[PDB]
Amino acid sequence: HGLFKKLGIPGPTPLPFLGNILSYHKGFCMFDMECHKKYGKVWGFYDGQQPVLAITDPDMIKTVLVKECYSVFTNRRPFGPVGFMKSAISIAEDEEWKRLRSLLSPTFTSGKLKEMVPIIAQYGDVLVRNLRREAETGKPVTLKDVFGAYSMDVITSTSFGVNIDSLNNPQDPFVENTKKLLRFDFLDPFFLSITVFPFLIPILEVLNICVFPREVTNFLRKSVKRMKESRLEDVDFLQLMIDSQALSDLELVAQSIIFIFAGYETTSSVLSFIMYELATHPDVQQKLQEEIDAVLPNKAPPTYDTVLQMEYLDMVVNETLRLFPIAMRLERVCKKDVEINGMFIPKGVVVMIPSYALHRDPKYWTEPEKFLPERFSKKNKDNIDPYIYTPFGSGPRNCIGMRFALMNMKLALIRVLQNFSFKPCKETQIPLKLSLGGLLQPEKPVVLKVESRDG
Ligand code: HEM
Ligand SMILES: CC(=O)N1CCN(c2ccc(OC[C@@H]3CO[C@@](Cn4ccnc4)(c4ccc(Cl)cc4Cl)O3)cc2)CC1
Ligand SMILES: CC(=O)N1CCN(c2ccc(OC[C@@H]3CO[C@@](Cn4ccnc4)(c4ccc(Cl)cc4Cl)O3)cc2)CC1
């Protein structure tokens, strides 16, 4: 625990064995907000015994995320016991990650994204139908239930060329199982013990103990094999992975499960945050509709080219991701002793970039608390540092599905907003309050009321 002292870097005093984890009672976002304000440009703390160095300087951020990615800052914090999911790209290391990256990245080229628009359009139709049902009754909507089903429908069909039709089944197996893959929350004596005694991880790995429920991984393990069967019995993410067979049968499933979960969880999450922000700013919700109407007059179906035309939509999406970067923190492990922009960083340290905190630094963002889409306007855009604003990370190891998620959320949003308007109702949580999880999640689902437009 003497490390940060010895290095001259400040921070909260750790407890023996525990480190600074009891500070996690208010969530990672408040912890990082506090430290940033108290300690300044750079601070340090201990997740159990693991030193974590938070950095704030934009050029220093470019160094660990971009310049020295391959050389020293390549991998993320080790995570286990993880079992067969060690193959997964998001937790793969060094050259294994490198070749997994160059394999799967063509999945999301412009051109392949264009192909996905007519495929998503079908589910866009089922989306507007389900919400219309809720606009007729006047009943409240748990948005995570409808945008989730939509996210799940979109990512299965674009990646595996299979229509699991989640949007009509409220009790679809692909959504029940996939949502029960994270969940871990604060103070679970499992994850808590693993942060404090990470030397236990090997034993758990040896006893075949796993973070993910085997029930849930069995179903996902099965489902993907069935989907792989269909393609081999008559070019997307699936196809791209079959062709490499250098993927093992189990490595393929690992990658799939990443994309399935990322598809479902990430997309619907952000969508709920966007929807909330619009419903609580109808001034902004209307200005967006005006734009959607102008670029696509009388309910004209959206296209890849027309999405790129909607400047205000992109502003609104950007501004939500500023307040709600679901990853909260970027991180990368230091492979070897190094000096960067003047600062010594020892081997083994976790270097952490506090996205959430920096998106609210009064130094770069005037009135950081407020939802103001005008921040990202063409005339204002050039004062934003691209290393301060990092909803999708930066460099060779950024979010592989960035552009897909942006297009797909914009697609849903267009289909929704050209048809409906969203008003806050009874059950709606104002102000919004966030869970104490590993990804950014609201405590109690976002509930809004749905009105139809004109007549
Ligand atoms: C708007 C929704 C999304 C947000 C805000 C988001 C954000 C992020 C962030 C911040 C990271 C870490 C990047 C870094 O460490 O620099 C990441 C990684 C990753 N994301 Fe996303 N993401 C989203 C959607 C998606 C989607 C739709 C997919 C797949 C279809 C996906 C797949 C991945 C993968 C595979 C990684 C690990 C990359 C690697 O280590 O090679 N994400 N994402
Ligand atoms: C399959 C896959 O791609 N991935 C597996 C899941 N990965 C992931 C996601 C979130 C995440 O944050 C987990 C949370 C973050 O904080 C702790 C400790 N911790 C682990 C890593 N960094 C900090 C924690 C400490 C003590 C207590 Cl009581 C509860 C928790 Cl919670 O786990 C850690 C890892 C993301 C990548
Ligand atoms: C709280 C904290 O310290 N941290 C929060 C989590 N941070 C983190 C670390 C790694 C990471 O890798 C992206 C991986 C890639 O896919 C997912 C979902 N996802 C999130 C953003 N983009 C995709 C994912 C897939 C499957 C499962 Cl089971 C769980 C998760 Cl998530 O995260 C995404 C986020 C690590 C640090």
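If you read the sequence from its start, that first residue is 1, and numbering goes on from there. Just so you know, ligand 1 is whichever comes first in the structure, and atom 1 is the first atom listed for that ligand. Scope of the values below: all heavy atoms of this structure, side chains included, with no hydrogens, waters or symmetry mates.
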* At the binding site of ligand 3, which chain contributes the most contacts (name from UniProt)? -> Cytochrome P450 3A4
What is the recorded name of the drug molecule at ligand 3? ketoconazole
Quiz item: If the entry models a covalent bond for ketoconazole (ligand 3), which residue and atom sit at the far end?
Solution: none
Give the source organism of chain A as listed in the PDB entry. Homo sapiens
Please list the residues near ketoconazole (ligand 3), using 4.0 Å as the heavy-atom limit. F28, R76, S90, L181, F212, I258, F261, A262, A327, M328, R329, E331, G438, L439
